[PDB]
Undergrad: 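Structure of interest includes caffeine; see the questions below.
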Amino acid sequence: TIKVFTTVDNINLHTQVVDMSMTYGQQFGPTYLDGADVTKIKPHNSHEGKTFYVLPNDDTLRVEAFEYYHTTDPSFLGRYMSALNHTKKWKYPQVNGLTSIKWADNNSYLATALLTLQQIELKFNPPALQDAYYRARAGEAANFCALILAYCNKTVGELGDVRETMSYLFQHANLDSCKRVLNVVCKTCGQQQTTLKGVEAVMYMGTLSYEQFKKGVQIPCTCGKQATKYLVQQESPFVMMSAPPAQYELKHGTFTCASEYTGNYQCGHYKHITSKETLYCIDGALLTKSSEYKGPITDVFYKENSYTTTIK
Ligand SMILES: COCCn1c2c([n+](Cc3cnccn3)c1C)C(=O)c1ccccc1C2=O
Ligand SMILES: COCCn1c2c([n+](Cc3cnccn3)c1C)C(=O)c1ccccc1C2=O
Ligand SMILES: Cn1c(=O)c2c(ncn2C)n(C)c1=O
Ligand SMILES: [Zn+2]
């Protein structure tokens, strides 16, 4: 017999008396010690007093996991631990002032997402995610990346999509005050306003150019004609404009940052472009400075506070 603590969040610890003859799995279920899976292992005397992670297998643990991670998915903790085993071994160099990720396990979409998150104003709601985010900002990004994978249902090594990653993350962010008002104008059907809130207020698919969005983009109408959709009002600290990858040029001073994608879904690679005093292409640990940039851009991020159209 030894005494240990079990936990699902490393915040609320639960005393346990362990029997030395059974494995950890037989008496607790799947169990982790400092990230290492110990389910199959017999207890050691040197384990006394240590903290073990277990799966949320009763109502106290389920509620604690829910409050810390904001999910009820039973597989969450295990997928997070599997990911964390790998992400603790990645390297997080500081590149042009931001925490990046040295390439490994097809992780360029995560590097681009992490770099983007450090340049827009955002607050995550789950305590685990926001805590890991602040550590990632300071340079210890392993937990944040493992959590990103867990929330997106991705495993280490899988190819990822930045727009989809951002959408999952934004679902967990406090964007409830973000508002977008759009107008669609058809010569036959007339005008129709729409109001969008939260994630849908800050994300748009179809054009990369915020300016074009404000002037109007051509979209189809059911009446057979082409209508014009334009941005009437925007309240948010940033917006994200996406479109299928295509040759596009980024002008210094007109955007905050952007994602470039080369390849397809079987095989590809993201790079990150940011606008500072001049343009920088952060490519994992690699850094290239240039005054112009052209490439297959797929997402562009813009600062915003409050915008109202002057179209009549
Ligand atoms: C932070 O405010 C945002 C409002 N909110 C909260 C949640 N969810 C979504 C959700 C996601 N996965 C499963 C079920 N529900 C929203 C939209 C929680 O999960 C939650 C859990 C424990 C204490 C507080 C909260 C909480 O506040
Ligand atoms: C023009 O097709 C629009 C839909 N789409 C997209 C993709 N593909 C496959 C493909 C195959 N060969 C070359 C290029 N793309 C299609 C058909 C992406 O791989 C992709 C990767 C990263 C961000 C967005 C996208 C994206 O939107
Ligand atoms: C620049 N680059 C890469 O660096 C890369 C890649 N696939 C894997 N890597 C690492 N592709 C398609 C690529 O264009
Ligand atoms: Zn019409």
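Along the sequence shown, residues carry numbers from 1. Whatever order the structure lists ligands and atoms in, that order sets their numbers, starting from 1. Header entry for method reads X-ray crystallography, 2.1 Å. The basis for the numbers below is simple: all heavy atoms, side chains too, and nothing from hydrogens, waters or symmetry mates.
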Undergrad: Map caffeine onto the structure by ligand number or chain letter.
TA: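 Copies included, the answer is ligand 3.
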Undergrad: Which chain makes more heavy-atom contacts with caffeine (ligand 3) than any other chain, name per UniProt?
TA: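 The largest contact count goes to Papain-like protease nsp3.
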Undergrad: Considering non-hydrogen atoms of the protein only, which is the closest contact for atom 14 (O) of caffeine (ligand 3), and what is the distance?
TA: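 Here the nearest protein heavy atom works out to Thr262 CG2, 3.9 Å.
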Undergrad: By UniProt annotation, which domain of chain A has the most residues touching caffeine (ligand 3)?
TA: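 Most of them fall in UniProt domain Peptidase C16.
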Undergrad: Identify the organism of origin of chain A according to the PDB entry.
TA: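 The PDB gives the source of chain A as Severe acute respiratory syndrome coronavirus 2.
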Undergrad: Below 4.0 angstrom from a heavy atom of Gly268, which caffeine (ligand 3) atoms are there? Numbered from 1 as shown, please.
TA: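 It comes down to these atoms of caffeine (ligand 3): 7 (N).
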Undergrad: Pick whichever of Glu260, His269, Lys271 has a heavy atom sitting closest to atom 5 (C) of caffeine (ligand 3).
TA: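 Ranked by closest heavy atom to atom 5 (C) of caffeine (ligand 3), first place is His269.
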Undergrad: Which residues lie close to caffeine (ligand 3), i.e. with a heavy atom under 4.0 Å?
TA: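 By heavy-atom distance, that gives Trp103, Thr262, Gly268, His269.
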